[PDB]
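To keep things clear, I will list the structure first and then write my remarks on it.
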Amino acid sequence: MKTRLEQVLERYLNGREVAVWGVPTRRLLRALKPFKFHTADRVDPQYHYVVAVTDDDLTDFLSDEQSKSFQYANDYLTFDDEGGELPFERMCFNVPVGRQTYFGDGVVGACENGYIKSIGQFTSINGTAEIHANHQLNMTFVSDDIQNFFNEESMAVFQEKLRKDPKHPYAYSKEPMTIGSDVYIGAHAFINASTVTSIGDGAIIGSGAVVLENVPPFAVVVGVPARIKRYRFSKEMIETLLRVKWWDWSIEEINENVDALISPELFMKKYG
Amino acid sequence: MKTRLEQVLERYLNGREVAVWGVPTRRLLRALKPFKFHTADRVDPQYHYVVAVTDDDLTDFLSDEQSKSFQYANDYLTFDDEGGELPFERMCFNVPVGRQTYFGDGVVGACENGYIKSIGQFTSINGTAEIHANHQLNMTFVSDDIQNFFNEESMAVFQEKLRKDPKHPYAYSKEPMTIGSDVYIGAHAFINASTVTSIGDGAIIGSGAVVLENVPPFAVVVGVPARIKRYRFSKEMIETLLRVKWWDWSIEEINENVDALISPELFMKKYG
Amino acid sequence: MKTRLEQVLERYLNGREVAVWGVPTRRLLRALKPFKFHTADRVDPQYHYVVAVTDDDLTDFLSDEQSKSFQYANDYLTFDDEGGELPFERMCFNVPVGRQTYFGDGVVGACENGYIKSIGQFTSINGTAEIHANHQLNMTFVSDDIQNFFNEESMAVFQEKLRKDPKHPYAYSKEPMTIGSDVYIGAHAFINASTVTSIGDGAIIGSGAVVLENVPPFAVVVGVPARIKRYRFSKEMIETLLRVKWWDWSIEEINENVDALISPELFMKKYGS
Ligand SMILES: CN[C@@H]1[C@@H](O[C@H]2O[C@H](CO)[C@@H](N)[C@H](O)[C@H]2O)O[C@H]2C[C@@H](N)[C@@H](O[C@H]3[C@H](O)[C@@H](O)[C@H](N)C[C@@H]3N)O[C@@H]2[C@@H]1O
Ligand SMILES: CN[C@@H]1[C@@H](O[C@H]2O[C@H](CO)[C@@H](N)[C@H](O)[C@H]2O)O[C@H]2C[C@@H](N)[C@@H](O[C@H]3[C@H](O)[C@@H](O)[C@H](N)C[C@@H]3N)O[C@@H]2[C@@H]1O
Ligand SMILES: CN[C@@H]1[C@@H](O[C@H]2O[C@H](CO)[C@@H](N)[C@H](O)[C@H]2O)O[C@H]2C[C@@H](N)[C@@H](O[C@H]3[C@H](O)[C@@H](O)[C@H](N)C[C@@H]3N)O[C@@H]2[C@@H]1O
């Protein structure tokens, strides 16, 4: 598919040459082949778009006096940062991701696995959070890679049972999960992709939480298994929030309405 | 002793040359010295065995149309994948590992530490699972690296007390862990190498579980600390399973009795 | 700002050349600018100090027969190991770290974020442990990166409310946390940098524990969220330990009192007063 980098370069490269900051990998070279590129030496934002290969390389680049006139995404990006936030809506494999939303390699993998339908705007997911499905639980075995030994006939009856399974092994037979906007997920959290179809808008998933069922909008869930500890707002305000959907506002609307975003009391007065 | 790649090349290289896909590392070049190798350009499975250096390199390889004649393990492997599954029983730091069994870097480390006696067949361990022992808890200090300041005399006094400690700090004076066959371990799980000697065949360890005691065969454990939630099968069927040991079956046997593998009621009718 | 490597070379390089064991990186070559360095081939501790670039590189070096003449820290180090243990007290992003103390990249990042005041001596932190703060919980939004869209007037109003927030979003307006000496933190543990200011001396944080408030000295905490399960020692010996502070002892004193360190009963007979 189109990587994050490719989506950014299609939007912001603007005919410049890519200055690679770090050791180029084969995956990077494949992504840059539609573009002119070279190993960064002296860089000028009028002439160059800087791609740091790793986050390590970005730290070095941003520590260098040459980076001062380079703006995030517009002039530079990290290649190995497929979950990194962007100022525009993007695709992660074939999952739409909203603005200013970030996540780590586990969620990137879940996006590739087809476990995720969409990730909302202004959503914050700690890099250590994980999303995996259940194996089959209604067979004699729980192994998945046993199937590498299955011939065509055995694999057919095995696959056929996997669909009829109402418990959705490997996320079969279910809708991929929606992760809403203005969502927060802390370190080492886990969401089960066989048994969860929605993390509601505004949900907060605490560190260490193991989420086995849907999280309602603006619920705060903690623990193993994860349980609703409280809601962020009253029922009336949650009702208003889901109607107004400030997370779809334009940048101008976000700034014009900043007092209502900073103050829930002013939000309710204006919209509720 | 031998890395995973070396065990695979010993079995499958078949007089071909190794085509390296990705930037090589010091440890890869050490593993490749007995074999002729070169940087991959054009590759053909009749002539070449493709070694992807990193998991990212493999992703790039399998996206290239040159790869679709290449079979997993038989014609290509990832070097940085010591926990990766294989169609034959292998060694991981002198720990026997069964067919189609995979685990991540934490479990690889525990094998190197001598914490694990063996890992069974068709066993599936999430890459973020961890296995560590306890430090000593019957001394004034809990630190391990204070011993870096111990002269000869102090080290001898410290080691003699560790060796008679019935709680097996650093897994001293206990049997290394057996992990059974048809076992599942989910994300962020932990197993204490000081207090656990067996994960029974068929055991399922839920994501986030913190396992401090042996897990009986076919038990499902969850939580912090881990406690049994349920058993996969009746006591009679568990007895039957531990007798038949389908996980030692030939590939022919697996396909012939695939009906019994997918239907536990057929399994008990045929073998119970 | 000085890397761990530079701090070690400043003390131990002793006029030698750095032999780089592994593929060098941008960050390594910048840290090696003040030094003589070359790609390692044949290495001799008389002439060379070996820097493994990655931990995997270090595994390869230590499997090589040339490495048996090299002592840890004195003659070799890993570049990608900013939280690695050392025989001297060091800085990690302006955070003092005691001797023989180790931690992983999660704690290193917490150091860089300003969340940690100091980390004590002989403290063992699993590499998978994580320390981060809460976002603001008193606004309409919980996102942080929404602020990339704030103009200067919006950002000012946002930052003003964060600074007056008594629950310390992003660790605002609180003391960075102290992590004591002789501390142990297990795999996948988490400490909340918004609501924790002290992990007491001698505390044990079990694997998977989610620590949301201060851990008293020598308490053992487990669970999500973490709860005190037991103390390592009696009240009297905890008082004695906090006074003797053997973790500040010199190498000479540590070996002279090895018996008191190994047997708590002997520790109290000598120090319990
Ligand atoms: C550079 N500082 C940032 C900090 O900013 C906060 O403290 C700053 C200094 O006091 C303030 N100037 C700022 O207003 C305030 O918001 O907010 C945290 C929030 C946390 N979820 C995470 O998200 C990042 C992810 O970790 C990362 O992976 C992703 N790429 C980007 C995310 N923002 O890391 C950032 C980062 O540590
Ligand atoms: C590539 N797809 C796989 C999926 O297969 C399932 O969904 C497919 C598409 O719907 C089906 N065709 C297939 O029959 C079914 O089993 O099962 C999961 C099971 C999970 N424990 C893990 O194990 C992998 C580890 O994560 C990895 O590290 C290790 N190398 C190999 C393991 N299989 O990742 C795989 C992987 O996401
Ligand atoms: C190389 N072996 C070491 C082992 O030594 C123990 O078993 C040995 C016998 O097999 C004994 N000779 C030794 O006396 C005893 O203490 O103690 C553990 C303690 C654990 N917190 C971790 O800490 C390490 C961190 O994982 C690492 O990241 C950090 N750099 C250094 C830490 N010690 O990994 C080490 C490592 O596995």
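Chain A corresponds to the first sequence line; subsequent lines are lettered B, C, and so forth. We're sticking with the PDB entry numbering for chain A, so the shown stretch reads 1-272, in order. All residue numbers given for chain B refer to the PDB entry; the residues shown span 1-272 in order. Numbers in chain C track the PDB entry; the residues on display, in order, are 1-273. Counting starts at 1 for both ligands and their atoms, in listed order. If you check the header, you will see the structure was determined by X-ray crystallography, 1.9 Å.
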* Asked: What's the drug at ligand 2 called?
  -> apramycin
* Asked: Which chain is the chief contact partner of apramycin (ligand 2) here, under the naming of the PDB entry?
  -> Aminocyclitol acetyltransferase ApmA
* Name the other chains in heavy-atom contact with apramycin (ligand 2) below 4.0 Å. => A, B
* Asked: Would B/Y184 count as a contact of apramycin (ligand 2) if the rule is a heavy atom under 4.0 Å away?
  -> no
* Asked: Heavy-atom contact under 4.0 Å between A/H132 and apramycin (ligand 2)?
  -> no
* Shortest protein contact, atom 10 (O) of apramycin (ligand 2) (heavy atom only) -> A/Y172 CE1, 3.3 Å
* Nearest-contact summary for atom 35 (C) of apramycin (ligand 2) - protein heavy atom, Å -> A/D144 OD2, 4.2 Å
* Asked: Is it true that A/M155 lies under 4.0 Å from apramycin (ligand 2), counting heavy atoms only?
  -> no
* Please report which non-hydrogen protein atom sits nearest to atom 36 (C) of apramycin (ligand 2), along with the residue it belongs to and the distance in Å to one decimal place. => A/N113 OD1, 4.6 Å
* Asked: Which part of A/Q147 is near apramycin (ligand 2), with near meaning a heavy atom under 4.0 Å away: side chain, backbone, both or neither?
  -> side chain
* **Under-4.0 Å heavy-atom contact between protein and atom 1 (C) of apramycin (ligand 2)** => no
* Any protein heavy atom lying closer than 4.0 Å to atom 19 (C) of apramycin (ligand 2)? -> yes
* Starting from atom 21 (N) of apramycin (ligand 2), locate the nearest protein heavy atom and write down its residue, its atom name and how far away it is, to 0.1 Å. => A/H135 NE2, 2.9 Å
* Which residues, given by chain and number, touch apramycin (ligand 2) within 4.0 Å on a heavy-atom basis? -> A/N113, A/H135, A/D144, A/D145, A/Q147, A/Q159, A/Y170, A/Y172, B/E85, B/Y102
